[PDB]
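Here's Protease with darunavir bound to it.
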Number of protein chains: 2
Amino acid sequence: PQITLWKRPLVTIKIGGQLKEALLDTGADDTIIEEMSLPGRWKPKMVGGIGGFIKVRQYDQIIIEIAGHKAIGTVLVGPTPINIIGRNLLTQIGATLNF
Amino acid sequence: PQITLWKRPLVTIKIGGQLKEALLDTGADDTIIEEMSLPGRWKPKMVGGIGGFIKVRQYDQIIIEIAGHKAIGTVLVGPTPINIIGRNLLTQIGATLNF
Ligand SMILES: CC(C)CN(C[C@@H](O)[C@H](Cc1ccccc1)NC(=O)O[C@H]1CO[C@H]2OCC[C@H]21)S(=O)(=O)c1ccc(N)cc1
Ligand SMILES: [Cl-]
Ligand SMILES: [Cl-]
Ligand code: NA
């Protein structure tokens, strides 16, 4: 796909057996999803942005289908106002910025 | 250019005659720069990010060069942790997301 940026670049993802919508975010180092359960081990992390930091759970080796493209990587889970696909998984689907 | 996402997509910007670095951020509606002086009047705006909201100064019709492309548009100034180029100016320089 080529995605213009006139509106937010929202896509459908599948994670943990659940379909969700998420923002493709080149400004995010990491992927962060709103509170949900995921299997396996986790460790606590703080992640910071505009407005300050939030505490999240870091799960490693989680598979996510992103607009029909599979990726595996770390997923943070916590009180983010929107689900965000960050660079750690955007690389894996071959996403690039073009101008 | 075609910019991969293995590293942060940082580019040089020029605003008020000064070179700065900024992040190309598809997850940002709005361009926001760290504190600096800009001409004209400003308007109030609240910006909500991962960690809560911040107050910023909204300047309209500001001339800004981004990675060698000319844009003229709205720039917010406030305590962002990093200079960010959001979709309002990414559209002006013709940027798309591709995968
Ligand atoms: C601020 C950037 C350096 C980092 N952010 C990614 C960014 O794209 C967020 C992503 C985002 C989007 C919506 C709400 C919260 C965060 N956008 C954002 O805060 O933009 C604000 C300015 O324009 C506005 O439009 C969106 C909210 C405003 S972040 O959400 O804090 C974040 C930080 C670290 C990770 N790993 C993942 C995400
Ligand atoms: Cl990862
Ligand atoms: Cl104010
Ligand atoms: Na795991």
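The chains carry the letters A, B, and so on, in the order of their sequence lines. Following the PDB entry, chain A shows residues 1-99, kept in their order. Here chain B follows the PDB entry, giving residues 1-99 in order. Reckoned from all heavy atoms, side chains included, excluding hydrogens, waters and symmetry mates. Ligands are counted one by one from 1 in listed order, and the atoms in each one are counted from 1 as well.
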Exercise for the section: Point out each ligand or chain corresponding to darunavir. Expected result: ligand 1
Handout entry: Other chains with a heavy atom under 4.0 Å from darunavir
Key = A, B
Problem - For A:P81, the darunavir atoms whose distance to one of its heavy atoms is below 4.0 Å - result: 14 (C), 15 (C)
Problem - Ligand-residue contact atoms, darunavir with A:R8, heavy atoms, under 4.0 Å - result: 25 (O), 26 (C)
Practice task
Give the single entry among B:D29, B:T26, A:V47 that approaches atom 24 (C) of darunavir most closely by any heavy atom.
Solution key: B:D29
Exercise for the section: Using a strict cut-off of 4.0 Å, indicate which atoms of darunavir neighbour a heavy atom of A:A28. Expected result: 37 (C), 38 (C)
Practice task
Can you pull out the closest protein heavy atom to atom 18 (C) of darunavir? Residue, atom name and distance to 0.1 Å, please.
Solution key: B:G27 O, 4.0 Å
Practice task
Check darunavir against A:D25 and write out every atom of the ligand that is under 4.0 Å from a heavy-atom position of the residue.
Solution key: 6 (C), 7 (C), 8 (O), 9 (C), 10 (C)
Problem - Close approach of A:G86 to darunavir, heavy atoms, under 4.0 angstrom - result: no
Exercise for the section: Give the residue, atom name and distance (to 0.1 Å) of the protein heavy atom nearest atom 36 (N) of darunavir. Expected result: A:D30 OD2, 2.6 Å
Problem - Non-hydrogen atom of A:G48 closer than 4.0 Å to darunavir - result: yes
Handout entry: Nearest neighbour in protein (non-hydrogen) for atom 31 (O) of darunavir
Key = B:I50 CG2, 2.8 Å
Problem - Ligand-residue contact atoms, darunavir with A:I84, heavy atoms, under 4.0 Å - result: 10 (C), 11 (C), 30 (O)
Problem - darunavir atoms in contact with A:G49 (distance to a heavy atom under 4.0 Å) - result: 31 (O)
Exercise for the section: Check darunavir against B:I82 and write out every atom of the ligand that is under 4.0 Å from a heavy-atom position of the residue. Expected result: 3 (C)
Exercise for the section: Report the binding site of darunavir using a heavy-atom cut-off of 4.0 Å. Expected result: A:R8, A:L23, A:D25, A:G27, A:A28, A:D30, A:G48, A:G49, A:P81, A:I82, A:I84, B:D25, B:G27, B:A28, B:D29, B:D30, B:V47, B:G48, B:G49, B:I50, B:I82, B:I84
